[PDB]
Trainee: 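I'd like to talk through a structure of alpelisib bound to Phosphatidylinositol 4,5-bisphosphate 3-kinase catalytic subunit alpha isoform.
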Amino acid sequence: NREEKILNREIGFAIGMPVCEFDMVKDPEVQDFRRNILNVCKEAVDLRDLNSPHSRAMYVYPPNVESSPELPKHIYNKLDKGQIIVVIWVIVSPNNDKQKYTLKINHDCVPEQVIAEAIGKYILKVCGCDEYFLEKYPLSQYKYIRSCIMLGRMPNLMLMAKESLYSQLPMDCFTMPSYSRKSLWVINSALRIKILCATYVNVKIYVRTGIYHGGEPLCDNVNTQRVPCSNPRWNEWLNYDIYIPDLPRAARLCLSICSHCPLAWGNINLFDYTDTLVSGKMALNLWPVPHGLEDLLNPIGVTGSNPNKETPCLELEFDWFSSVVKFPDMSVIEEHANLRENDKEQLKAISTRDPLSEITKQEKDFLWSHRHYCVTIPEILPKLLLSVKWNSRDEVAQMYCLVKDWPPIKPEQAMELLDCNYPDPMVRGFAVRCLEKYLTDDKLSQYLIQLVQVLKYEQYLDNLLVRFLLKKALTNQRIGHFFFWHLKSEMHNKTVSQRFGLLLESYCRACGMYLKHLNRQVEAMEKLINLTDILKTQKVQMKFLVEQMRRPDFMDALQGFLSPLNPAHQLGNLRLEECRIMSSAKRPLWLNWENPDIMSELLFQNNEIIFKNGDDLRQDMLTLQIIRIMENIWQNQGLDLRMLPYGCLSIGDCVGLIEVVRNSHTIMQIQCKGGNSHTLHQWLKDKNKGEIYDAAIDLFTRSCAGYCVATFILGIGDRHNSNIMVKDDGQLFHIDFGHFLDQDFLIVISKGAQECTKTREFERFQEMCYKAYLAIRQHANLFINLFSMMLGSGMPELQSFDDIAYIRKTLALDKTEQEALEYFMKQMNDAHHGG
Ligand SMILES: Cc1nc(NC(=O)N2CCC[C@H]2C(N)=O)sc1-c1ccnc(C(C)(C)C(F)(F)F)c1
């Protein structure tokens, strides 16, 4: 076929695993997933082609927008009576002559008004990248115009006739592949499950078991007798304290061959995606030794079986009811389940506490009793759920009248419900139902790294989170682009390869034309991915890389595609001269691309990117996104702390891409230390003289107050002279993040004086440093939720809550607002010896 086979090899390249290899998968829980049940995502395509070509265009080019419509008061003061001056680079002649035009327009206007003033047949293109002003959003909402107003930059916006884009987007529609087309509450018996034997036991060995719903034990942890290692003929019908109807929906039984150190752990759902209590013999390969865990079991893991079949396999014999028993529908459960001194104040004391606050059982019973009032205060839902034992049918039934009827909570609050705890299929249903309705495309863009890692927390392959993420990826090629590259990064993990290959190929069938560009991205990456592996010492390196991009096969894949950091950055022919290799630890690729846009000179004549291959960049993105929200809740309250949360994307295993800031000058190891202690201020002064000397100092403090407290609140690592850089408008920021939660700058704030503490400018630096954590400690629930969502990300730092206790220490969440003022002051006056 010319429509089925046209796509099934492009897909095999854009995932790296042939669709044939997943056609031959014998596991019954893949074919049911891939069938038309997910292919209702074609409705997403129906959404993206509803009103052609405007709907198609808004799909293909996603606006980059700020989540804050109303411009803040200080940014409003950054404007001349709330007015921005923008240059319009009209092109009319067929030649290269450009007719520019300058306009003074109210910052609350719209691209339609810009079109009307400059002169609907035209669209505004950001001059130097394929950023397009298309939909009816205010000018100041776009990140380009908002950043222009913030930095006082001169905004550049060329005019292009719409036909130059409407006719530049060939259509590519959706063709389906060949695969297009008792009750557990009436039994009376304890949980009685047999261990047969282990096929590949490794050298009194016993199976330690237990029922878990979360990290919470659901009964006594039944064990086996101590058989000899040679012949593990267990054959034991272990009797669990858990009565079978009491088994909850997500109650994966946890095996542990234990020599009480677990030789091998493994989770197995006590249900399945069709709500069937697993029966019959089951030979499952067990997962390797727990990663940094000395627990009695390892419920911190994935359900199902191990794809690697060389691991010790244990044989099990589940319940034999001589029939099939199904978990009741939610209607039957719901039918089954069918004051101001502290009953209103203690509740608010709980709600305002972080989810990491260990709720006492004496207070868990208080939370449990006031179900009828905790429903009125929404932000307590993450804590009411933990106030319920999953040992019981009646307890969980009582909750299912609450979390199903719970009024929706704010999206950053509903993102905690998708962690390792809260593993109920309906808790995550509520979390995703809130995340769909309230989360916006740029907040989703920030939080997508979190949402990808919580696919692994839902127990079946056809989640509702999968549906949400796929539908969003089929409407913007930023959710699509970054979702695709997140999954491609997490393909190399065998644990989630089965999920993520199917998810990827579900996306590669309905993304559209972008797949080719996506392939051209992947191809362009896999040469660089190859190139780095070829590379794994500079002049030979420089000439080798020049030779390796001058070849026609290499130069073909490395030209005319889009940046994996920004598809709006239309990469053209490589600037062969300005591409080099650093003398760094992993030797990343400094790569420069000329802009095929006619007028490259406005934003940037050339596009610069760092290509790291060897270091994980999920923690780097985690730091940069925490920085982004911290800035957005500092620069929305009027505390004009200035910083740069820039682009970062890990494209595979420990391989990724970083947008170079060319404005930010050399590292301070040379820009300040010259690879004397007065170099930084002198260099900043000689590069900024006159009446402009205010901001170049004024924005330095606001660029050092917000990063001394960010490196504090999140416990970020050491700040060497090779880790910090500085712009020329006084801005500085940190670039080499990574692992965390584990004076030259002083004289600049005092404007060159060798004595700084006595100065008033140092005092204002302190008084904005304090206001920095005044609101960050007011917004701690968001940060705790975000940190908690990355526990199963595989990051070596976020393994358990014992590491998120570090941010608890740094923010001191237990103390009162007045008492927390001196908490930072102690370490702050310890760092610089007085303040
Ligand atoms: C965001 C960003 N902007 C840069 N800017 C220049 O390097 N510039 C700016 C122009 C000249 C050049 C220079 N020598 O000054 S670097 C950088 C960055 C971000 C993250 N990690 C790194 C490295 C180099 C430490 C790593 F780890 F990748 F090797 C760099």
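Positions are given from 1 along the sequence. Atom set for the values below is all heavy atoms of this structure, side chains included, hydrogens, waters and symmetry mates excluded. Indexing begins at 1, ligand by ligand and atom by atom, following the structure's order.
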Trainee: Just which atoms of alpelisib (ligand 1) are under 4.0 Å from any heavy atom in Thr666?
Mentor: 15 (O)
Trainee: Determine, using UniProt domain annotation, which domain of chain A makes most contacts with alpelisib (ligand 1).
Mentor: PI3K/PI4K catalytic
Trainee: Please state which option from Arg580, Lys727, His734, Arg662 has its nearest heavy atom closest to atom 14 (N) of alpelisib (ligand 1).
Mentor: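 The nearest heavy atom belongs to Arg580.
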Trainee: Counting each atom of alpelisib (ligand 1) from 1 as listed, which ones have a heavy atom of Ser664 under 4.0 Å away?
Mentor: 9 (C)
Trainee: Using non-hydrogen atoms of the residue, decide whether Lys586 is closer than 4.0 angstrom to alpelisib (ligand 1).
Mentor: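 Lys586 does not count as a contact of alpelisib (ligand 1) under the 4.0 Å cut-off.
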Trainee: For alpelisib (ligand 1), is there an atom lying under 4.0 Å from some heavy atom of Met725?
Mentor: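 The answer is yes, since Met725 has a heavy atom less than 4.0 Å from alpelisib (ligand 1).
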Trainee: In terms of atom number and element, which parts of alpelisib (ligand 1) are under 4.0 angstrom from non-hydrogen atoms of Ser584?
Mentor: 29 (F)
Trainee: I'd like to know if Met582 contacts alpelisib (ligand 1), where contact means a heavy-atom distance under 4.0 Å to any ligand atom.
Mentor: no
Trainee: Which atom of which residue holds a covalent link to alpelisib (ligand 1) as deposited?
Mentor: none
Trainee: Give, by chain and number, every residue with a heavy atom within 4.0 Å of alpelisib (ligand 1).
Mentor: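 With non-hydrogen atoms counted, the site is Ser584, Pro588, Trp590, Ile610, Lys612, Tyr646, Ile658, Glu659, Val660, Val661, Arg662, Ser664, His665, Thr666, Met725, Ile735, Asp736.
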